[PDB]
Engineer: 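Quick one: structure with vemurafenib.
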Amino acid sequence: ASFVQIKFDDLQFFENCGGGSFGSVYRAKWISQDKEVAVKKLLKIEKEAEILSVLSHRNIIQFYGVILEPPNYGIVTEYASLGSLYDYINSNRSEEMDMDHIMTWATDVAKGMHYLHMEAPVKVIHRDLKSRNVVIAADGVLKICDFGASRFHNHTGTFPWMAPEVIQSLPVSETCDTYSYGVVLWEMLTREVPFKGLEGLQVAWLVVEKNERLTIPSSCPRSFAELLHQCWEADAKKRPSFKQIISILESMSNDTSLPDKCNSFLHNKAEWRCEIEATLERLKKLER
Ligand SMILES: CCCS(=O)(=O)Nc1ccc(F)c(C(=O)c2c[nH]c3ncc(-c4ccc(Cl)cc4)cc23)c1F
């Protein structure tokens, strides 16, 4: 092949990651290399392996090989020991997150995406980026993944992260990923699940026809809040690219006023958490 093949019997499978909520992904050991890995079990494999071999960057999970022994198929990668971003954020351990940490992580994600959009030898538009597709390696670095679940041609309850054009099956550019990245950032700031408890269909409807967007707290510093508005524009062409996001993050890092602003916001979760809850109460009733 043009990609590394790993034999099914050279893997020892442990748990299904996340009790099943992240699909048919397992933690395992690659026995001949004495290495811990993740495996995603598949029922078929198209020409994914060929693209995965040529994608490699410090903010994307590392491809190691493919299981190809019909009827068994799967993709084997790096296992990120600290798990999903979604899980971390929605746990109380994320209370340690300050300004710098949110800066570093928002940067990790933007650089991975910029790579996939513009620097990799082939152009990859994720189209399903969300905090349940970002994982955390033992060193603390974020790693995007699931960028080959589409098989690189549109296939063969995650409405909160989808741009409206994606929701309504319209032409998608790079900027669909900018919108989703917005949601991710908003998660890191609020440490809430976006549209928690709403229905999929209600989210879709609201986002597309009402231009409903996640509640940004009034204490949230301006810089960040504007970034969020920019990533969330219903006119996709207006949204920034990942290189511009990276450039905006950089001038944020040099604003000496922002640390204080962000950290007191982060530390006053006591206050603003029913700004968010109020809206959700209102939206749940709009359907009841
Ligand atoms: C190279 C990219 C190939 S792809 O086909 O686009 N994507 C692709 C292919 C194979 C995969 F295993 C995965 C994957 O899911 C993970 C990769 N590394 C991980 N480390 C930790 C966790 C984790 C651990 C614990 C919890 Cl509770 C949650 C997640 C999940 C994964 C994947 F996204």
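Residue numbers run from 1 in the order of the sequence given. We count ligands from 1, going down the list as the structure has it; atoms in each ligand are counted the same way. These numbers come from the heavy atoms of this one structure, side chains and all, not from hydrogens, waters or symmetry mates.
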Engineer: Determine the main partner chain of vemurafenib (ligand 1) by heavy-atom contacts under 4.5 Å and name it as in the PDB entry.
Structural biologist: Mitogen-activated protein kinase kinase kinase MLT
Engineer: Among residues UniProt annotates as active site in chain A, which lies closest to vemurafenib (ligand 1), and at what heavy-atom distance, rounded to 1 Å?
Structural biologist: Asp128, 10 Å
Engineer: I need the contact type for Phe22 against vemurafenib (ligand 1). Using non-hydrogen atoms and a strict under-4.0 Å cut-off, is it side chain, backbone, both or neither?
Structural biologist: side chain
Engineer: For atom 19 (C) of vemurafenib (ligand 1), tell me which residue out of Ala28, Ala38, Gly20 has the closest non-hydrogen atom.
Structural biologist: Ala38
Engineer: Examine the proximity of vemurafenib (ligand 1) to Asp87 and report which part, side chain or backbone, both or neither, has a heavy atom under 4.0 Å away.
Structural biologist: side chain
Engineer: Taking the residues UniProt annotates as binding ATP in chain A, which ones lie under 4.0 Å from vemurafenib (ligand 1), judged by heavy atoms?
Structural biologist: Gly18, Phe22, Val25, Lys40
Engineer: Look up the source organism of chain A in the entry.
Structural biologist: Homo sapiens
Engineer: Kindly identify the option in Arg27, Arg132, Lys40, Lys41 whose heavy atom sits closest to atom 10 (C) of vemurafenib (ligand 1).
Structural biologist: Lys40
Engineer: Which UniProt domain in chain A is home to the majority of contacts with vemurafenib (ligand 1)?
Structural biologist: Protein kinase
Engineer: Closest non-hydrogen protein atom to atom 2 (C) of vemurafenib (ligand 1), residue and atom name please, with distance?
Structural biologist: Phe147 CZ, 3.5 Å
Engineer: Quick one: does vemurafenib (ligand 1) sit under 4.0 Å from the side chain of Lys143, the backbone, both or neither, non-hydrogen atoms only?
Structural biologist: neither
Engineer: Which residues, given by chain and number, make up the 4.0 Å heavy-atom shell around vemurafenib (ligand 1)?
Structural biologist: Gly18, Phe22, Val25, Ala38, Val39, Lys40, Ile61, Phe63, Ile75, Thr77, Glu78, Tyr79, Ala80, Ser84, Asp87, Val135, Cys145, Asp146, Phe147, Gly148
